[PDB]
Amino acid sequence: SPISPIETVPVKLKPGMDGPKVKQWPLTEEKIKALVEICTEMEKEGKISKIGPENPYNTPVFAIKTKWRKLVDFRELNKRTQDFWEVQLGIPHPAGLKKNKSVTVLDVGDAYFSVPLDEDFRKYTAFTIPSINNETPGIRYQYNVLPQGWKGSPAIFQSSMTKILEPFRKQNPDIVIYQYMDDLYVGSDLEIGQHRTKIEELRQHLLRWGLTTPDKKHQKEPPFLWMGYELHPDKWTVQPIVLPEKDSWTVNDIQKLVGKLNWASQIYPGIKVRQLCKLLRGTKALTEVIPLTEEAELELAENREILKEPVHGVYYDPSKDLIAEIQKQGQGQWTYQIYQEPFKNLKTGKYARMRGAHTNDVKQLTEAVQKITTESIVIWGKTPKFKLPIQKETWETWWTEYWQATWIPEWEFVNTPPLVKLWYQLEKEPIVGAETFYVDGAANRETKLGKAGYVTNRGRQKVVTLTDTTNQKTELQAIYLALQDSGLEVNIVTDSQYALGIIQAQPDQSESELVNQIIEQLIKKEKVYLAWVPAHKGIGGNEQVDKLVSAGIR
Amino acid sequence: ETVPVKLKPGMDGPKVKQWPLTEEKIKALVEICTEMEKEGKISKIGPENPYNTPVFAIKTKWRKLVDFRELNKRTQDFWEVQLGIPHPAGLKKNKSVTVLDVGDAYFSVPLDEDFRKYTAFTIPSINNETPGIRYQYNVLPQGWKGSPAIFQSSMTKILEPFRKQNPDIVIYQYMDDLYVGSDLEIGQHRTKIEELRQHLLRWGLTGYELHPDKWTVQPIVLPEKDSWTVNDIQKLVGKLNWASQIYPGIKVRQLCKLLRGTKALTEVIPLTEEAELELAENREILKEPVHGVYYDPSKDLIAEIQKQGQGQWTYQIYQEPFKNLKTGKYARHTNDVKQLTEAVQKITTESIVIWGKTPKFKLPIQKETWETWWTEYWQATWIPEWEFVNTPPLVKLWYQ
Ligand SMILES: Cc1ccnc2c1NC(=O)c1cccnc1N2C1CC1
Ligand SMILES: O=c1c(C2CCCC2)c(O)c2cccnc2n1O
Ligand SMILES: [Mn+2]
Ligand SMILES: [Mn+2]
């Protein structure tokens, strides 16, 4: 095995730190013999070199099992070695790859051992093979190449390969090479003849730089198993996903189920995970059996049906636009597909995230759009054209009136029920001939006891006592009371900006049951006007509720 | 020779992640950086450099925008209290202020050898197909606050003849820009700017027009109305109640007397006349500057922005909440994000002109939305710090 003739990367220790000096533990005779054999062969290969006892640094070695292997525990050196640039900031998504006629994998034989280590850093990699018991001074070596398990090796190997591939890439610009650890993926649109010939030009270029690669008879055939994917030059899919059929589901089994389904959702449309995830909340040990909820059973059954037949994704054509379509699956659940030619998906996915305690479908849709927009730029370097289950009018109305700024890239309405809509709206002007309710709450923070109530312009009145409450809850409770007892048209005046803010954003779902009870009442109504006044400014009706609800509370 | 630059004690360089870039901006950056590399301004680097600063492309010519916000935080002692550039109080008074991009000057001055590693940046690839192209600066970079701090003495020498010949022209440097103010007639001002450009041209270095003397207060406006309803007065007292938190001496006691007992909102009630003493004299304080509020140079500036609809945006600049140093508005094929970026830039330059620093913005937008879109509409060579907030419901109509 050759050592690459490339330039070395200068390495330093962390500022104010010296090299490791951790002592060697006594080893058994069989382990010592095994290490001696390994180290003399490594020394003849040029990988390591003998040093004297003038070198003060040490890292412990160990021998593990017919054949033996040497383990160098670099924990202490790694702690003292400088930080490096990250090996990668992300991995390619298969959907972003372009279709090739042929693609070949070439693995590098003994990757790290083929690239030299900075001469001035070599002294810190020193290790000692101990003699039988205490007696003799041990045999001392240092590394000449990138050591396995050392902090800098991944980054320095990658950087070395990049420099080696650079000449070849520049004079062969229409051949694509992806670097991954010790593997090289090489694709082109050349005919079967001059592709296999082109691999040989690469293999000879790599061998010239001390990197050996497998020949035609040894190199793997497609599909290639990589990072949980199954890759053809023509199509891609996720690796075989098999959902076990079990009588009893443990936490561990459900965690693994959700993981598989989540992974599958990249190409299998409509995958659902919500009900299965609910089973894992505040859950016990991994061995604990969780009875499947009826909704979880139905979700599992729907997923099995989806995964029944194999599904593949296509590759990316840079000359065509990307199309993203989104559908609502249920409450909080969103699903999407991206294609270039109608219904031949490059990839699929799902969105579920709950941004904030209270929300609506319009906000969730936009959040889904922004998630897909970011994904698209990462994968394809451009935004897709969207097709959304919301009318332009509905979208128009919401964006204009809402306090928050947004921008959705080019999109079209598509009639795929359920359509996104707002379930109620607040009046811009007070209602003529409707009862005006003045509301307020009060809570005692010591006892957590509180009161919620109202007074009206028609002399109506009510107070309800609450037991484990907060200021905010009592204000919502008061508003809920006013809605319950009011009739189809109502004017409601609150001194709670918190309550105002929630309701003005037209939520249709909430983490609070109380807010959900308010939402249910707002939809039943014909007209609702909600106004705000400052608290304790001698405002007529407002002062009347305050005294009423604060009595016995504060 | 190079001037030695060091980080604030106990901390090292920036390790900020490179944001995802579109196809056209990556290609633009590759062309720009290949050219700079050939000219020796930047050099390719190895993996022994663990540092990173984000890079963007903005605009018809593409230009590189390096986001040195983090490096600038970690070098504050250098550019502020070691080689600080003084800010003139006369600039905000001027009839006209012209902004000239002067960043091209910096590439003629070498960067300190031991500091070059902290200027590391990455040009990413689409879909992480290839390793990012890594560089560091060999020269004073654009966007780094240390650059005008170091070039300071060279700029003084450049402007000396022009400043001698034109004593009543204020020239201020902030980052990559030169701010040039005068009280001359517009034609004469523009003639002097052209004159200044010629001086700069002889040194290699090579506009945007402001009128700060016409920057007047944005007063909280109380409605003139004939025939008030119960709802109208409630909205009015609520606006006045909050107005009293910022303005010292706002009264609302007389207006509240009209709202006594539980009355219907649509009931039209006639006003007295005891409230008119409040109403009218409230307008007096509302149109005037806030008494007792002054800029503290040891404190950060904060900017809040509210979306008002119809392409209108209100903003406030303060250091302690309620104590408004400045208020204003921004007005507009323009979308919400585009309008907001334009407003942020407008507020920032005013802030540079008035105080010599940028505010930290509280933006009424989702983080990810802002991050994907802001460079599409960004034109400035600096970048302010920002937060992402939920606009409180009534602050909007109070500043309306
Ligand atoms: C694992 C991997 C990741 C990134 N790109 C690729 C590969 N492997 C492929 O099999 C492949 C498939 C089709 C086209 N590009 C591919 N390649 C490109 C390099 C030829
Ligand atoms: O009674 C109060 C008080 C009082 C308690 C302390 C004195 C004022 C508030 O501050 C307040 C603030 C927002 C909303 N409702 C409120 N209510 O109902
Ligand atoms: Mn209250
Ligand atoms: Mn109260």
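Below, chain A is the first sequence line, B the second, and so on; all start at residue 1. Counting starts at 1 for both ligands and their atoms, in listed order. The figures that follow rest on heavy atoms only: side chains count, while hydrogens, waters and symmetry mates do not.
Looking only at contacts, the largest set of contacts to ligand 1 comes from what the PDB entry names Reverse transcriptase/ribonuclease H.
As PDB records put it, the drug at ligand 1 is nevirapine. Chains touching nevirapine (ligand 1) with a heavy atom below 4.0 Å, listed by letter, come to A. Of all protein heavy atoms, the one lying nearest to atom 20 (C) of nevirapine (ligand 1) is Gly187(A) N, 3.5 Å.
Counting heavy atoms closer than 4.0 Å to nevirapine (ligand 1), residue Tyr185(A) contributes atoms from both its backbone and its side chain. Not a single heavy atom of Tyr229(A) sits closer than 4.0 Å to an atom of nevirapine (ligand 1). Closest to atom 16 (C) of nevirapine (ligand 1), if we only count protein heavy atoms, is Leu97(A) CD1, 3.8 Å. In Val103(A), the part holding a heavy atom less than 4.0 Å from any atom of nevirapine (ligand 1) is the side chain.
The closest protein non-hydrogen atom to atom 18 (C) of nevirapine (ligand 1) is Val176(A) CG2, 4.3 Å. Contacts with nevirapine (ligand 1) closer than 4.0 Å are made by no heavy atom of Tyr180(A), backbone or side chain. Within nevirapine (ligand 1), the atoms closer than 4.0 Å to a non-hydrogen atom of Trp226(A) are 1 (C), numbered from 1 in the order shown. Of all the heavy atoms of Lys98(A), the ones lying under 4.0 Å from any atom of nevirapine (ligand 1) belong exclusively to the backbone. Taking every heavy atom of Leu231(A) and a limit of under 4.0 angstrom, the matching atoms of nevirapine (ligand 1) come to 1 (C), 10 (O). The closest approach between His232(A) and nevirapine (ligand 1) falls below 4.0 Å for a heavy atom of the residue. Residue-ligand proximity, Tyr178(A) to nevirapine (ligand 1), at heavy-atom distances under 4.0 Å covers atoms 3 (C), 4 (C), 5 (N), 19 (C). In this structure, atom 10 (O) of nevirapine (ligand 1) lies nearest to the protein heavy atom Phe224(A) CD1, 3.5 Å. Taking every heavy atom under 4.0 Å from nevirapine (ligand 1), one finds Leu97(A), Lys98(A), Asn100(A), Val103(A), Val176(A), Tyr178(A), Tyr185(A), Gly187(A), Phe224(A), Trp226(A), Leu231(A), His232(A), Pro233(A), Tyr315(A).
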